[PDB]
Structures are given as C-alpha cells and as structure tokens.
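Reviewing the structure listed below.
In what follows, residues are counted from 1 in the order of the sequence shown. All ligand and atom numbering here is 1-based and tracks the order in the structure. We read in the header that X-ray crystallography, 2.0 Å was used to get this structure. Atoms considered below: every heavy atom in the structure, side chains included; atoms not considered: hydrogens, waters and symmetry mates.
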Amino acid sequence: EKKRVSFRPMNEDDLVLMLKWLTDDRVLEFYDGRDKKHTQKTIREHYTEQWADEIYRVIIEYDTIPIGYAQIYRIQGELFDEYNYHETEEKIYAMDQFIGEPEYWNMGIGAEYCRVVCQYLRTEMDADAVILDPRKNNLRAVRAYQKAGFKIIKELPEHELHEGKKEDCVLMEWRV
Ligand SMILES: NC[C@H]1O[C@H](O[C@H]2[C@H](O)[C@@H](O[C@H]3O[C@H](CO)[C@@H](O)[C@H](N)[C@H]3O)[C@H](N)C[C@@H]2N)[C@H](O)[C@@H](O)[C@@H]1O
C-alpha cells in the first residue's frame with residue numbers, strides 16, 4: 001500500500017520536461033549551474049550524447065508523476081581516471097541525478113531512488129559497485145546517499161566546475 005519510487009527510460013518526448021527543469025534556477029543551483037542558459041538545442045545535444053559505451057538515461061517517477069532525471073553509465077577505459085579510481089575487473093557504474101520538481105525535495109525520494117536503482121544494477125547488470133560524486137557543500141545530498149548505503153571513500157578536491165568555481169566533491173560508493 002506504500003507509494004513507490006520508480007524509474008523508466010528517457011525518451012525524446014521527455015526533452016520538453018528536461019528543458020523545463022534545467023531552465024529553473026531552483027534546480028540549476030544543484031545541477032548544471034545557474035550560469036547555464038539551456039535551449040531546445042543545447043538540451044538535445046547534451047542529453048542525447050553517447051559519451052560512454054554503456055549509458056542509461058532515465059526519468060525518475062513518484063506515483064507515476066515524472067519528477068526527475070538520472071544518468072547511469074559504466075565506468076570503463078578513460079572514465080576511471082576521471083575519479084582517480086583504480087581499475088580492476090569489477091563492474092563499476094557511476095550516476096548523476098536530480099529532482100526537477102522541487103515540491104518533491106526533502107521527502108526521502110533521492111535516497112529511495114538510489115536504493116531502487118542500486119538493486120536494479122545489482123540484480124540485472126551484476127554491478128559490483130555504484131559510485132556518486134556530490135559536491136562537499138551539498139551535505140543534504142551526501143546525507144541522503146549515506147542513508148542509501150553509499151560509503152564515503154575519499155575526497156575529490158577541485159573536482160567539478162560549478163557556476164565558475166572548481167568545487168571539492170566526495171567519492172561515495174555502494175556495494176551492498
Ligand atoms: N552530479 C551533478 C553533475 O553531474 C554531471 O557531471 C558529471 C559528468 O557528466 C561526468 O562526466 C561524464 O560526462 C561528461 C559530459 O558531461 C563527459 O565529458 C565525461 N567524459 C563523462 O565521464 C563526470 N564523470 C561526473 C560529473 N558528476 C553534470 O554534467 C553536471 O552538470 C551536474 O551538476
């Protein structure tokens with residue numbers, strides 16, 4: 001009887017939603033940055049680019065309402081160097097995500113989405129670990145990920161250019 005967080009593959013029609021969310025300064029403060037001036041063209045170019053061999057773009061849904069976005073990609077090849085993550089034979093996925101409808105913030109939805117997608121990547125992709133790299137100043141997001149079982153592994157100084165500053169991030173990892 002409990003409402004469920006789910007996700008589904010992003011399709012071309014969802015680019016309308018993405019334009020709405022990523023021209024909303026409330027969202028851009030936490031994802032992409034308020035200095036980014038998105039258009040239909042930039043959204044298409046950036047959100048259909050296949051910059052990894054294995055990438056899934058998904059719409060996060062709560063009670064069938066589309067409320068956010070995630071990108072999930074297998075770390076392979078040069079992608080390991082982007083996290084100074086030592087390559088082994090383990091299968092590693094990284095993820096970025098945002099909730100674009102702010103009325104669904106601070107409801108535990110972020111942590112619950114993390115739990116659902118980790119169980120999916122484990123059971124359907126045999127993922128060994130899932131990694132995240134939130135900004136250190138986003139303690140809300142760090143706390144939410146830790147509640148979903150992501151362990152803090154190490155700090156990533158000057159990791160992410162965000163609104164004109166190189167921000168320190170936190171490497172976080174889920175295994176079980
Ligand atoms: N989490 C919030 C942030 O998430 C993304 O940033 C992520 C990059 O996408 C990843 O990089 C991959 O995508 C790049 C193109 O974007 C490629 O150049 C690169 N080779 C790819 O490995 C990088 N590893 C982690 C970083 N968190 C958004 O971009 C950023 O706006 C948003 O605020």
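Counting heavy-atom pairs under 4.5 Å, the chain with the most contacts to ligand 1 is listed in the PDB entry as Aminoglycoside acetyltransferase. The PDB lists the drug found at ligand 1 under the name kanamycin. The binding-site residues for kanamycin (ligand 1) (non-hydrogen atoms, 4.0 Å) are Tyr31, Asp32, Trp51, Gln71, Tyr73, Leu79, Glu82, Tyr83, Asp96, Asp133, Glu160. Atom 25 (C) of kanamycin (ligand 1) has its closest protein heavy atom at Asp133 OD2, 3.3 Å. Looking at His159 next to kanamycin (ligand 1), no N or O pair under 3.5 Å apart turns up.
At under 3.5 Å, a nitrogen or oxygen of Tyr83, whether backbone or side chain, sits near a nitrogen or oxygen of kanamycin (ligand 1).
In terms of protein heavy atoms, atom 31 (O) of kanamycin (ligand 1) is closest to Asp32 OD1, 2.8 Å.
Atom 18 (O) of kanamycin (ligand 1) is not flagged as protein-proximal [any protein heavy atom, distance under 4.0 Å]. Near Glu160, meaning under 4.0 Å from one of its heavy atoms, kanamycin (ligand 1) places the atoms 3 (C), 27 (N).
Residue-to-ligand polar distances place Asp96 within reach of kanamycin (ligand 1): an N/O pair is separated by less than 3.5 Å.
Taking atom 9 (O) of kanamycin (ligand 1) as the reference point, the nearest protein heavy-atom neighbour is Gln71 NE2, 3.5 Å.
When only interatomic distances are considered, the shortest N/O to N/O separation between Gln97 and kanamycin (ligand 1) does not fall below 3.5 Å.
Closest protein heavy atom to atom 12 (C) of kanamycin (ligand 1): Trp51 CZ3, 3.6 Å.
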